2 protein chains.
Amino acid sequence: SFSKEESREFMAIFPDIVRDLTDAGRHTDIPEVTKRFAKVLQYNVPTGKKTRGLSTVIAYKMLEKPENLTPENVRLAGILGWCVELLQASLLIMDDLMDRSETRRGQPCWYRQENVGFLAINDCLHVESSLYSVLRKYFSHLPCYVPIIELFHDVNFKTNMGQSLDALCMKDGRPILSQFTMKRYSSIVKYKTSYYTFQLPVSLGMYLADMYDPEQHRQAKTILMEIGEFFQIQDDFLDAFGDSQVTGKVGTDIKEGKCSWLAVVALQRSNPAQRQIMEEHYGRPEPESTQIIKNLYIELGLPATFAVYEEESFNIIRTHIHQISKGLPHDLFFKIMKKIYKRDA
Amino acid sequence: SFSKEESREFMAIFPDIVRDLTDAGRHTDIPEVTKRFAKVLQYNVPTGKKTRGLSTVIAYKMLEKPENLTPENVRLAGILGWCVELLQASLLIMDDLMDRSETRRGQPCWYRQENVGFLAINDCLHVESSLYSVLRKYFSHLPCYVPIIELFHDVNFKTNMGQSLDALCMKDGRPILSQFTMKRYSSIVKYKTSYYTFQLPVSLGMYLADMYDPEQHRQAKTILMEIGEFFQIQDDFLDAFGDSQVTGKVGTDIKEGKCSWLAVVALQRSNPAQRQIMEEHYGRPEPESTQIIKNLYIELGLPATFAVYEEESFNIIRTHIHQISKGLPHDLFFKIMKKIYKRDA
Ligand SMILES: O=P(O)(O)C(O)(Cn1ccnc1)P(=O)(O)O
Ligand SMILES: O=P(O)(O)C(O)(Cn1ccnc1)P(=O)(O)O
Ligand SMILES: C=C(C)CCOP(=O)(O)OP(=O)(O)O
Ligand SMILES: C=C(C)CCOP(=O)(O)OP(=O)(O)O
Ligand SMILES: [Mn+2]
Ligand SMILES: [Mn+2]
Ligand SMILES: [Mn+2]
Ligand SMILES: [Mn+2]
Ligand SMILES: [Mn+2]
Ligand SMILES: [Mn+2]
């Protein structure tokens, strides 16, 4: 689980994904575009932490019968993991344009790079569509094919709903702070993050292991939605308080007026003077307004508030994993939480 | 074909599609975004001429055995046509962002609406993903289900390749005029327009009629790519010479430095002085420069050249239809060509 050997095995597949999409004897009349797409893939797909792709393989190895774990079936789980990584890559290209971000994975965001700009918009769609080409190549003769493509379809649609709810934080250049509740927060993160980051890898592992029981899927979902909310709260903490040299990205949530966990908790914790600071300075383009909000988050003790929350929530989620039944391996969920707890990136 | 009653039948399906995507008892925890998505669909999907969707129905009606053309199967063909219209709607949202366009279908481009902006990228992805939900609801039981899903994903990938070749007209803010050949042009149009506009409707009609022979799809493709080249050449002519109140869109190709048909033929026809006018003024945002290029296009006689092309190409394509397999209905291709060329004879 999240070992050097598992990482080597997963990265070994990446060159074959690139070949499948750009050098498989198709589209031989437009090599300018196919060579450029190979670069799109090289830059935007493989330089993250790869937790979703690696989790797809770990889920499969922990769900499948040991006697069925052939080189070929483990490679298929890795290919499914790369299809989740293509989905992630696509989402981040669009997200960085929508959030006016500077850096991603330690480099300038794709849309900012020389002679990219608005080309990043098509590249996002192209990366998304490419995962279905990979699924068709490897899975089209297997019983899991239709469930897998339908799951990717459904998760895409849900992720788009979450990305829209996330974007509705601002109207006419001011944040809708009266609506920044923990209820709204939980709904945003369920849709924009939890389905594609946590539900999708585990459901893919289940499908490849010929596990289709709707009740087993629903019990995995309940715990993976809790893990997803936890994970997004960590992401929100890193936006304001992370070291951008370690996280690889400069935060934008304050300037973009987002209904982040920090904003929700700041509103819960603020006295009336602090609430007026949020009303005046949250979601503004001016660097001085964002620093006023960061200084409010410091004064409120939001770093220590997050640290306590993270520890308390880690323990609650593990209590809930202990209560899982429907024949699901508790250690799969424990390994996912161990990997993310106390992360700084 | 392309009659008022056929339009009535087709249009009646749209409200059912909107209900399927926004008011079918799903995602009941996020009514803010489902209600917004209904508005996205209303603005962006049924506001065109519906040639592609209507053509899907006509293709099915001409390819299926007459004895099998039940109201129910004709309605299925209509649903597939609306899936093509969801793909069109998505592509135009993103295209208008990429092309920095003002109007589409006689209203502001979606991204220009208040509280839209780069959220239009997310709306584009959401509208395309929608069509796969529609396919699952209505077609999941039929032999054609997987081929239809795969055709949509393949056509999306190809269209993305075409959109990227189209975008690579400019480098470092100046057009790559030496590369603006008719060979490059024909490649751009094949990928960015012809597959999704002409091949997709016909191949969908074929699949719904249980026609899986790749040779029948390929015979159709030869004709449909020729019609697609005229359709995109007409679009390019009207970008400079159309009336925006009639076309519903303000042209941008000169300012954007595009490898349009006008640019390609201008470079073929230009004397050295005229080529220097293209070098200095093509692909510039300054309105003087764009008017100087339009004046060059007039001086070169490009309007008459286009009118000759519209007449000659109709007659060349008609001759080519005569040579198609006796196994395909020649009149389907004649009907498509007559509608695109606005001719009864
Ligand atoms: O905070 P976001 O939701 O924008 C983010 O987490 C990306 N994202 C998009 C949807 N779910 C997550 P990132 O901080 O990586 O920019
Ligand atoms: O000229 P474009 O290719 O941008 C266009 O035809 C749209 N489009 C996009 C792909 N194929 C066609 P429109 O003139 O409608 O803006
Ligand atoms: C859902 C979220 C928080 C987006 C970023 O995901 P990661 O932090 O896993 O980013 P990468 O490893 O893929 O770069
Ligand atoms: C491929 C092209 C030329 C894009 C516009 O297509 P239409 O002119 O068919 O657009 P709508 O009817 O859908 O508005
Ligand atoms: Mn972001
Ligand atoms: Mn975001
Ligand atoms: Mn974030
Ligand atoms: Mn355009
Ligand atoms: Mn365009
Ligand atoms: Mn055009």
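The first sequence line is chain A, the next is chain B, and the lettering continues from there. Following the PDB entry, chain A shows residues 85-429, kept in their order. Sequence positions for chain B are given in the PDB entry numbering; the residues included correspond to 85-429, in order. Order of appearance sets the numbers: ligands from 1, and atoms from 1 within every ligand.
By contact count, the main macromolecule holding ligand 2 here is known in the PDB entry as Isoprenyl diphosphate synthase.
The molecule at ligand 2 is the drug named zoledronic acid. Other chains within a heavy-atom distance below 4.0 Å of zoledronic acid (ligand 2) are, by letter, B.
Zoledronic acid (ligand 2) has no atom lying under 4.0 Å from any heavy atom of B/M182.
The single protein non-hydrogen atom nearest to atom 7 (C) of zoledronic acid (ligand 2) is B/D179 OD2, 3.6 Å, given as residue, atom name and distance. Inclusion of B/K276 in the set of residues having an N or O under 3.5 Å from an N or O of zoledronic acid (ligand 2) is warranted. For B/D323, the heavy-atom gap to zoledronic acid (ligand 2) stays at 4.0 angstrom or more.
For B/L175, no heavy-atom contact with zoledronic acid (ligand 2) is shorter than 4.0 Å. Nearest protein heavy-atom neighbour of atom 11 (N) of zoledronic acid (ligand 2): B/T277 OG1, 2.8 Å. Entry annotation: the source organism of chain B is Phaedon cochleariae.
Using 4.0 Å as the threshold, B/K342 has no heavy atom nearer than that to any atom of zoledronic acid (ligand 2). Below 4.0 Å from some heavy atom of B/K333 lie the following atoms of zoledronic acid (ligand 2), by number and element: 13 (P), 14 (O), 15 (O). The residue-level binding site of zoledronic acid (ligand 2) (heavy-atom cut-off 4.0 Å) is B/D179, B/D183, B/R188, B/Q247, B/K276, B/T277, B/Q316, B/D319, B/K333.
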